[PDB]
Structures are given as structure tokens and as C-alpha cells.
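Entry overview - Androgen receptor with dihydrotestosterone in place.
Sequence positions for chain A are given in the PDB entry numbering; the residues included correspond to 672-845, 852-918, in order. Each ligand, and each atom within it, is numbered from 1 in the order the structure gives.
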Amino acid sequence: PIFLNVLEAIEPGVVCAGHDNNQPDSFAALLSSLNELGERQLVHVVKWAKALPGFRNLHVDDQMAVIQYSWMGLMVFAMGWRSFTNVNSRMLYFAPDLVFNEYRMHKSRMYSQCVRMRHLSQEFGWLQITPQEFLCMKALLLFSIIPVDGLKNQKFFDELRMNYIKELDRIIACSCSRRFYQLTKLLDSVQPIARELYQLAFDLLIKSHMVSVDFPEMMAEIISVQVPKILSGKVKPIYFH
Ligand SMILES: C[C@]12CCC(=O)C[C@@H]1CC[C@@H]1[C@@H]2CC[C@]2(C)[C@@H](O)CC[C@@H]12
């Protein structure tokens, strides 16, 4: 169980958004706290990724690129699990101090995306996803979006991605065929959700100075430098099906 030992050991702990819950639920306050949460979680995503088995086998530029393309999907998948285990999926548990009810879903102007995120959360229940399955699936999400022109050493990436697929297969194996199909269909469903959120993030950054929404340093950098490569089709998800 070496692989699962590692995934459990490096899983990030609780991250708070810093949200002042006694101010009114305005669009600007809610989106500014979500952006701050993203900035805080990005720190943990980087430290988590660098500690994954085999990750340092990747070229150093590929390491940062893969994090900078997959972070939305990783963060939404993890938030979906938090929601399933904490509020049982009619609310979104972005953080202990940033829990979206239906009112916040509307005031954030993200209601339809939150609905889809809620559906993703509920699938952990409908499919009875185990903690071990969640951990392996989340790791695989780091290796599920790349440039169409390929990475700087694509061969090492393809080997590492293969090995994470094998680990998922082992965790299921420890019926199997139906399970693997279910989990890979679930993984595929993350990318379209992440794409819609990437679109929202980009549009909000462009008009941020006018809706009074503050973007932290690394969020502003990644949404203006890397996210447009996804939105323009230069960086694309790897789907199973
Ligand atoms: C990743 C975050 C923050 C971390 C998390 O739990 C998931 C959530 C998904 C929506 C993202 C948000 C970060 C800030 C974004 C990108 C806003 O700009 C628009 C959509 C928000």
C-alpha cells in the first residue's frame, strides 16, 4: 500500500478563505473571497503536486505548466468531496468560512455553475466513492490537461500518466470493469465544469476594476497568462472516452 500511504500523507488540510461572514452577501465580497481562497489553495496545490510519486521525474517547466493548467479541476474536485462529506451536497463547502447557500449561489452570479458543481459533489454519494478512490482520481486529474503541442518532455509525462491510471485500476481491483468505467466517466466530467469556471474567471479578471473584485497576484498571473491558452484551445484536456 505504498502508493496510498503517500497520497494520504500529502493530502492538504483545511484552508480558510478569510471571508468576513458578517458583511452582506454582495457579488464583490463573495468573488473577492473566492479569489483569495484560490490564491491560498494554489500554495497547497503546488506543495502537494511536488510531493507526488514520480512528479519530479517531469521536466521542471512541465511541472509548473501541469499545475497551472489543472488547478481548477483539482480544486473543484476537492471542493466537491468536502461538500459531500460536510453538508451532503445541497450547499457548496468552498471553505469552513465560505459555505454557499442558494442565496450566495445567486448573488455570486455563478448559480448555474454552482448547480453543476453540486451535481459533481453528489456523484461521490451516488457512486459511493471511497477515500482511496477519491485520492487516486484527484492525482490523475493533475495529469489530464496538456498543450496540444506537447510538454517539454512529453515521454516522461505519458509514462507517469500511465502509472497513475494503473494505480487507479489497482485500487478498484483491491464489477471491476464497471467500476473503472464509472470512475473514468466521472473524471471526464470534471473538465467541462472547470472550463466554464475558467471562462468565468477570465471574464471577471478583465472587468475586475469595474465590478470591484480584487484578484491576488498569482491568480491574476495565471488567469491572464495560462487560462487563455485553455480558452483558445492551445491547451486541452485528455479525456478517457
Ligand atoms: C477554485 C475556486 C476556489 C477554491 C475552491 O474550493 C473551488 C473554487 C471554484 C471556483 C473558482 C474559485 C477560485 C476563484 C474563481 C476562479 C473566480 O474567479 C471564478 C470561479 C472561482
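Atom 21 (C) of dihydrotestosterone is not flagged as protein-proximal [any protein heavy atom, distance under 4.0 Å]. Among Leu705, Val904, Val686, the residue whose heavy atom lies nearest to atom 13 (C) of dihydrotestosterone is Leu705. From the protein, the heavy atom lying nearest to atom 5 (C) of dihydrotestosterone is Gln712 OE1, 3.7 Å. Contact annotation for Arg753 and dihydrotestosterone: only side-chain heavy atoms (C-beta onward) come within less than 4.0 Å of the ligand. Contact annotation: for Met896 versus dihydrotestosterone, heavy atoms closer than 4.0 Å belong to the side chain alone. Nearest to atom 7 (C) of dihydrotestosterone among the protein's heavy atoms is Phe765 CD2, 3.8 Å. Residue contact check: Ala878 has heavy atoms under 4.0 Å from atoms 16 (C), 18 (O) of dihydrotestosterone.
Of all atoms in dihydrotestosterone, listed by their number and element, those nearer than 4.0 Å to a heavy atom of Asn706 are 14 (C), 15 (C), 17 (C), 18 (O). Distance check for atom 2 (C) of dihydrotestosterone: every protein heavy atom is found at 4.0 Å or beyond. Most of the residues of chain A within contact distance of dihydrotestosterone belong to the UniProt domain NR LBD. Residue-ligand proximity, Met750 to dihydrotestosterone, at heavy-atom distances under 4.0 Å covers atoms 6 (O). In the deposit, the organism given as the source of chain A is Homo sapiens. Atom 11 (C) of dihydrotestosterone has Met743 SD, 4.2 Å as its closest protein atom, hydrogens excluded (heavy atom only). With a non-hydrogen cut-off of 4.0 Å, the residues around dihydrotestosterone amount to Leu702, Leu705, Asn706, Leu708, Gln712, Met743, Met746, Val747, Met750, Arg753, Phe765, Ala878, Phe892, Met896.
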